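Note on naming: letters A, B, ... go to the chains in the order of the sequence lines (proteins, then strands), and numbering restarts at 1 for each one. Every heavy atom of this structure was used, including side-chain atoms; hydrogens, water molecules and symmetry mates were not. Each ligand, and each atom within it, is numbered from 1 in the order the structure gives.
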Amino acid sequence: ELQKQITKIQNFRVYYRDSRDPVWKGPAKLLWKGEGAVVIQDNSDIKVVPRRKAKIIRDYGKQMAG
Amino acid sequence: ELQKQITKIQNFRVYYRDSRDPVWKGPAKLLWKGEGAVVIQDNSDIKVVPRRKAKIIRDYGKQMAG
Amino acid sequence: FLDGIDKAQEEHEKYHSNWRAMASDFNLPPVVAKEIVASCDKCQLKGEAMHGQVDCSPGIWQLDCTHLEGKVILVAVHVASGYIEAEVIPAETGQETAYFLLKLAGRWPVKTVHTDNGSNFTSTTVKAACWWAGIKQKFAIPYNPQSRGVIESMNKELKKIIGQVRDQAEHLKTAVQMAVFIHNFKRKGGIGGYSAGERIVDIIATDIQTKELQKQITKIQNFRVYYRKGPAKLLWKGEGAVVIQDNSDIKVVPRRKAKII
Amino acid sequence: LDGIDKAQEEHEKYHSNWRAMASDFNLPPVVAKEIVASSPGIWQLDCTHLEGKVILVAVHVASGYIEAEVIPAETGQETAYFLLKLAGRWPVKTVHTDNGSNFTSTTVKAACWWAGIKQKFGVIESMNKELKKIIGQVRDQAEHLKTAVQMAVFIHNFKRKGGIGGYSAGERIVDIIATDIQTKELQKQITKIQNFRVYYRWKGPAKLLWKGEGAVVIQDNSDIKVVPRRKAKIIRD
Amino acid sequence: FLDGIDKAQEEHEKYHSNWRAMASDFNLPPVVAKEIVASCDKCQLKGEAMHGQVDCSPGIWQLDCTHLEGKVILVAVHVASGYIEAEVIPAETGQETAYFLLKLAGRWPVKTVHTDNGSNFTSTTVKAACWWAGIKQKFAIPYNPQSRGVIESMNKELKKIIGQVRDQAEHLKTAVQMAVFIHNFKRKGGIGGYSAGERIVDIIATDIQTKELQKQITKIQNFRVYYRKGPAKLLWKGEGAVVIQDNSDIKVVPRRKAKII
Amino acid sequence: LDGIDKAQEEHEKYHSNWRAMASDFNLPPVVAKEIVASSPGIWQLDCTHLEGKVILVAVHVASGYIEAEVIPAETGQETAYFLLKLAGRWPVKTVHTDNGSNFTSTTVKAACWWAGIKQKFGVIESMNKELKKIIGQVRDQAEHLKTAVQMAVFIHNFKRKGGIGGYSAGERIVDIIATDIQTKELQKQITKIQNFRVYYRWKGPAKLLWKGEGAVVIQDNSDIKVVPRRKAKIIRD
Amino acid sequence: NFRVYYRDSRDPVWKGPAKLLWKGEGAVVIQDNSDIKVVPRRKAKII
Amino acid sequence: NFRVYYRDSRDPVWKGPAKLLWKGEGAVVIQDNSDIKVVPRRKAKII
DNA sequence: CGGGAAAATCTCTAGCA
DNA sequence: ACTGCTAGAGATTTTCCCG
DNA sequence: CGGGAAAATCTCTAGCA
DNA sequence: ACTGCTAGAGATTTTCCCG
Ligand SMILES: C[C@@H]1CCO[C@H]2Cn3cc(C(=O)NCc4ccc(F)cc4F)c(=O)c(O)c3C(=O)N12
Ligand SMILES: C[C@@H]1CCO[C@H]2Cn3cc(C(=O)NCc4ccc(F)cc4F)c(=O)c(O)c3C(=O)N12
Ligand SMILES: [Mg+2]
Ligand SMILES: [Mg+2]
Ligand SMILES: [Mg+2]
Ligand SMILES: [Mg+2]
Ligand SMILES: [Zn+2]
Ligand SMILES: [Zn+2]
């Protein structure tokens with residue numbers, strides 16, 4: 001049910017940048033996806049990233065690797 | 001005598017760069033000045049720097065400040 | 001510093017010495033010397049040393065024209081993935097651009113296009129094409145190519161590949177399509193080690209899937225959260241922190257001093 | 001790791017595939033592929049005619065997604081260029097043509113050789129009918145037939161929701177290609193691991209299935225046995 | 001990988017896929033995929049991402065010409081200090097350059113000049129001027145301005161100052177000399193917070209003083225040092241390390257396993 | 001810190017200056033300046049004549065270092081441009097001219113006002129004689145008199161070693177200007193510190209001389225007393 | 001308020017002072033003599 | 001030995017392979033078809 | 001030992017054309 | 001065998017001042 | 001726990017014209 | 001109210017493999 005859905009959302013990865021660092025910050029965990037912002041979880045930490053700074057993939061290689 | 005001369009040499013400062021870092025490394029201590037190289041002493045450490053990478057000043061502001 | 005300040009402004013009107021030279025030569029604290037510099041219109045000659053960041057939402061495409069061997073190559077890139085669409089067009093005109101764009105909108109989901117201010121892109125016919133397809137147009141600041149940085153870099157990459165495979169074709173149009181193939185499917189890197197084709201598939205598939213998933217979650221998970229305020233809708237809870245939305249302002253407040261109803 | 005037996009029992013009862021067995025019971029997909037083990041690149045081409053012009057139409061058969069455009073003439077070169085464009089835009093493994101002169105020329109064949117497309121000489125007809133219907137609905141919103149053709153392609157790919165899950169052809173083709181990428185990645189993982197030989201506790205040669213961070217899954221005598229990493233010695237044969 | 005290697009070279013001849021795409025699509029270790037890339041002449045299109053470092057010895061001067069309002073400004077910079085010498089010259093000719101250079105050699109110690117390959121600098125008359133003054137000429141790699149980076153940056157700085165003080169003069173020659181004044185004495189920064197004039201004075205004074213000092217030290221301090229070898233002349237000793245010179249090779253060996261005689 | 005009394009005794013015996021007292025006895029130079037306390041920017045200009053041309057010659061009087069060149073004509077503008085060049089190349093505080101028309105023009109005065117040079121209307125003559133002697137020695141190595149003038153300037157500044165320490169005019173001028181920079185820096189330090197007032201152990205107002213890292217030097221009742229930093233309270237008056 | 005000095009639109013000469021209307025990341029909107037301009041922050045200085 | 005590929009002297013086309021003769025910091029000396037060239041290391045690739 | 005405020009240091013950009 | 005740099009704007013980190 | 005070797009990551013450049 | 005980026009070459013750091 002709702003737990004399965006939430007874990008599914010949490011399988012997706014988020015690459016993101018901060019407002020002054022041009023390096024794309026490595027794969028984080030997707031907690032919530034909105035119209036204007038996504039809420040991620042990067043190394044025991046909950047950031048709010050705007051949508052225009054966020055690349056959300058599933059990464060099929062890692063999904064198939066388990 | 002020789003001790004006074006050596007301390008005098010050691011009053012001079014050396015700005016220098018390493019072969020792959022473009023930042024000029026901060027004020028070091030001049031131990032020896034040769035034709036092809038100068039021997040410096042930067043933070044309890046003895047490096048040999050080529051002359052073309054070494055700016056040697058006395059820095060009159062600091063000399064006057066003591 | 002009253003005496004020193006008057007001498008330093010007199011001297012700055014002639015020489016425009018920087019703040020250090022004034023602070024040194026007239027006994028002034030750095031803040032006063034810097035103020036004398038900052039009051040001179042003639043010394044405001046340098047911008048702040050940063051770079052902005054272009055929009056990378058799933059629906060943004062950056063368009064540009066480029067030129068090779070006398071022909072005009074119209075290039076689009078999907079910003080999120082690096083996936084390119086390019087065609088040799090007969091001229092740099094709004095008619096060919098509107099056609100390229102309407103094709104692109106029929107091929108992939110396009111929400112926004114981002115171009116420089118070339119006449120082909122600001123044409124009324126391109127505007128009518130965007131209005132029919134539902135595409136929002138965004139025009140960069142004039143003469144700031146850094147704003148189109150993604151597509152300009154894709155220009156460089158596409159020309160490099162065309163130069164690698166030019167001898168395998170006759171007409172430039174064929175070599176361009178070959179290079180588009182090579183970029184989209186035969187070069188892997190970036191975030192998920194993907195090719196651009198794989199990556200765009202993943203980006204768009206993820207967009208659709210997450211949209212549906214969160215639709216179902218919000219449809220099920222309905223609660224209200226108080227913290228410190230009012231009935232702030234709940235987004236996510238877990239690991240000692242709660243994510244909530246109070247008047248379109250998403251804030252992460254810890255579990256303590258936050259109750260869910 | 002512990003739900004492997006549950007997965008085997010589920011496959012014996014219901015014959016579920018590896019996707020459900022790996023998503024419900026939490027298994028590295030190579031494990032589910034072993035349990036179960038113990039199109040997306042096919043396009044249909046065809047030229048069609050309208051207002052005296054030729055409309056070359058490509059159909060991804062698995063999704064119903066269309067790539068159509070007006071070409072100047074029905075020659076080999078035009079078809080081959082359309083094919084290079086299609087292949088550079090999508091994963092194209094196989095094309096289904098109708099023995100027409102353009103579809104058999106030396107240039108189209110050379111382009112399929114360059115792109116690595118296989119050529120093999122009903123859905124195309126019905127899709128052409130749908131395309132001509134939309135082209136008729138929107139011919140008045142445009143002056144040239146090429147613009148109307150692209151408008152119709154847009155309407156068909158993103159504005160016509162049908163099928164079971166109420167999706168457009170674009171959503172469907174994206175889903176199908178994503179599935180195919182998953183398939184290719186799983187096959188690469190299997191091909192990687194299939195060259196290893198394992199010896200555990202020391203028993204006979206066993207087949208490696210996964211080298212997790214806390215366990216090692218193998219398969220001996222058609223039996224999937226989980227063992228620690230220190231208790232097993234992986235080699236390469 | 002015998003089967004995989006043959007398929008990957010066949011595919012690379014068509015597409016020129018990078019090493020990752022091959023490693024992924026044909027089961028190859030990264031080293032073999034990278035070798036296939038590194039064997040293709042057609043894929044060698046990028047240099048190593050570094051920058052060299054220009055010579056900054058006390059005697060090096062970097063010369064260049066620059067252009068403003070239709071006139072030719074000949075600019076020299078002392079590399080160690082940032083001190084500039086600039087004059088408006090009537091044309092970009094070897095005769096005016098030789099004259100500027102001979103003046104400079106009479107004003108300051110010049111050992112080496114470093115220029116691009118403009119015709120004024122490679123002229124025979126400039127060569128005769130350098131030979132009379134004892135100046136060694138060094139010519140950068142053609143069309144590599146980064147080699148003249150110091151003087152090119154000084155061009156930018158001098159033009160910026162000229163633009164700040166242009167309205168205080170009539171002829172460009174006067175504004176150029178004003179800007180040279182402003183750069184040499186009214187702008188402080190760099191290593192010792194100096195101006196360029198102060199800094200060049202310090203650099204040259206230090207050169208002379210250290211030369212004499214070490215002359216006297218080596219004249220007094222005469223010893224021989226063995227370590228591990230032969231009679232290596234002694235340079236400096238102290239703080240548990242000894243500095244020595246064994247066959248023109250200066251090495252810092254610790255006090256242990258090093259004896260002075 | 002402990003050699004301050006030694007410095008006072010040395011100044012009483014020998015009247016040494018602050019340089020020796022600060023280098024031999026190790027004192028922040030403001031301390032030695034207090035003990036002792038209890039030209040380098042002057043240039044001579046003059047136009048000279050040769051082969052019908054005018055040679056404008058500047059002499060740094062303290063060192064004997066020459067800046068000479070052929071000018072087209074003896075006008076104010078030419079002299080003023082020579083002066084702007086000289087001032088942008090060296091620290092020029094004062095120029096000593098000979099009331100000639102060029103040396104008194106409104107343009108030369110405006111240039112000295114812009115550069116911050118003071119104008120005041122034997123060494124110049126002797127130096128001109130030396131310059132003409134070298135110009136004669138090297139007139140044959142050149143075609144134009146301007147090249148020979150610059151050759152002679154080079155020979156005079158770097159190839160003629162004389163004086164006590166066997167130096168050239170260039171070495172001398174560099175030494176003198178370095179000394180002057182030291183002087184300016186010491187004066188800036190003194191001006192900085194002269195605005196502070198100190199109270200130590202709490203005694204009366206004392207004058208600050210140095211705020212070292214381990215001690216604080218002050219001067220009370222014409223007596224230089226060293227105290228710790230915690231034992232004193234610096235303020236600003 | 002704020003003084004804005006800027007270099008716009010290929011003219012390498014720096015203009016201003018202008019009034020700041022909006023400050024984003026990467027760009028500002030300035031008001032210089034009734035003209036609204038949009039300038040990258042690389043090409044402006046806000047005082 | 002070494003293969004050297006280089007871009008020289010304003011020609012944006014990459015040439016080579018050439019033989020490496022000398023390797024400094026910042027530059028190399030190559031030998032391409034009897035021609036000695038001097039190239040910045042930003043503009044070469046040594047294999 | 002503690003913050004605050006000021007200095008020092010570090011990061012990063014355009015223009016040199 | 002030769003070689004990017006310089007100075008300023010803003011951010012971040014270290015140092016000094018009085019408790 | 002220890003090195004070695006291989007992978008991953010980080011740093012940094014030109015060209016986009 | 002908008003905004004540098006991308007991919008490759010080489011260097012450095014982390015991870016995995018068998019003892
Ligand atoms: C007439 C249209 C509209 C108005 O402006 C002009 C001129 N222009 C100039 C460049 C250019 O200078 N590229 C080099 C570059 C420099 C920095 C960077 F970050 C990215 C870069 F690509 C273009 O690429 C380009 O497309 C145009 C163009 O189209 N137009
Ligand atoms: C005919 C002579 C000899 C042969 O080459 C040409 C052409 N050239 C071109 C530039 C130039 O492109 N500057 C921009 C730049 C770019 C990068 C960088 F690191 C430094 C920079 F200054 C010059 O400055 C220059 O003096 C010349 C010149 O003199 N010549
Ligand atoms: Mg453009
Ligand atoms: Mg462009
Ligand atoms: Mg030049
Ligand atoms: Mg130049
Ligand atoms: Zn100013
Ligand atoms: Zn290749």
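The molecule at ligand 2 is the drug dolutegravir.
In the deposited model, most contacts to dolutegravir (ligand 2) involve the chain that UniProt calls Gag-Pol polyprotein. By chain letter, those with a heavy atom nearer than 4.0 Å to dolutegravir (ligand 2) are E, I, J. If you number the atoms of dolutegravir (ligand 2) from 1 as listed, the ones under 4.0 Å from a heavy atom of E:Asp64 come out as 26 (O).
Protein heavy atoms are found less than 4.0 angstrom from atom 21 (C) of dolutegravir (ligand 2).
For atom 25 (C) of dolutegravir (ligand 2), the closest non-hydrogen atom on the protein side is E:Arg148 NH2, 3.5 Å. Distance check for atom 7 (C) of dolutegravir (ligand 2): every protein heavy atom is found at 4.0 Å or beyond. For DNA chain J, the entry uses the name DNA (27-MER). By UniProt annotation, the domain of chain E with most residues touching dolutegravir (ligand 2) is Integrase catalytic. There is a protein heavy atom closer than 4.0 angstrom to atom 29 (O) of dolutegravir (ligand 2). Contact annotation: E:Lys156 has no heavy atom less than 4.0 Å from any atom of dolutegravir (ligand 2). Neither the backbone nor the side chain of E:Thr66 comes within 4.0 Å of dolutegravir (ligand 2), counting heavy atoms alone. Scanning the protein heavy atoms around atom 11 (C) of dolutegravir (ligand 2), the nearest turns out to be E:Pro145 CG, 4.1 Å. Checked by distance only, dolutegravir (ligand 2) and E:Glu152 come closer than 3.5 Å through their nitrogen or oxygen atoms. Under 4.0 Å from dolutegravir (ligand 2), there are other ligands or ions: ligand 5 (magnesium ion), ligand 6 (magnesium ion). In terms of N/O distances under 3.5 Å, dolutegravir (ligand 2) is approached by E:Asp116.
Geometrically, dolutegravir (ligand 2) and E:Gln146 share no nitrogen or oxygen pair separated by less than 3.5 Å.
When distances from atom 3 (C) of dolutegravir (ligand 2) to the protein are checked, a heavy atom turns up under 4.0 Å. Of all protein heavy atoms, the one closest to atom 1 (C) of dolutegravir (ligand 2) is E:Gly118 CA, 4.4 Å. Heavy-atom contacts of dolutegravir (ligand 2) within 4.0 Å involve E:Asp64, E:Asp116, E:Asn117, E:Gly118, E:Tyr143, E:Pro145, E:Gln146, E:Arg148, E:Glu152, I:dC16, I:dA17, J:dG4.
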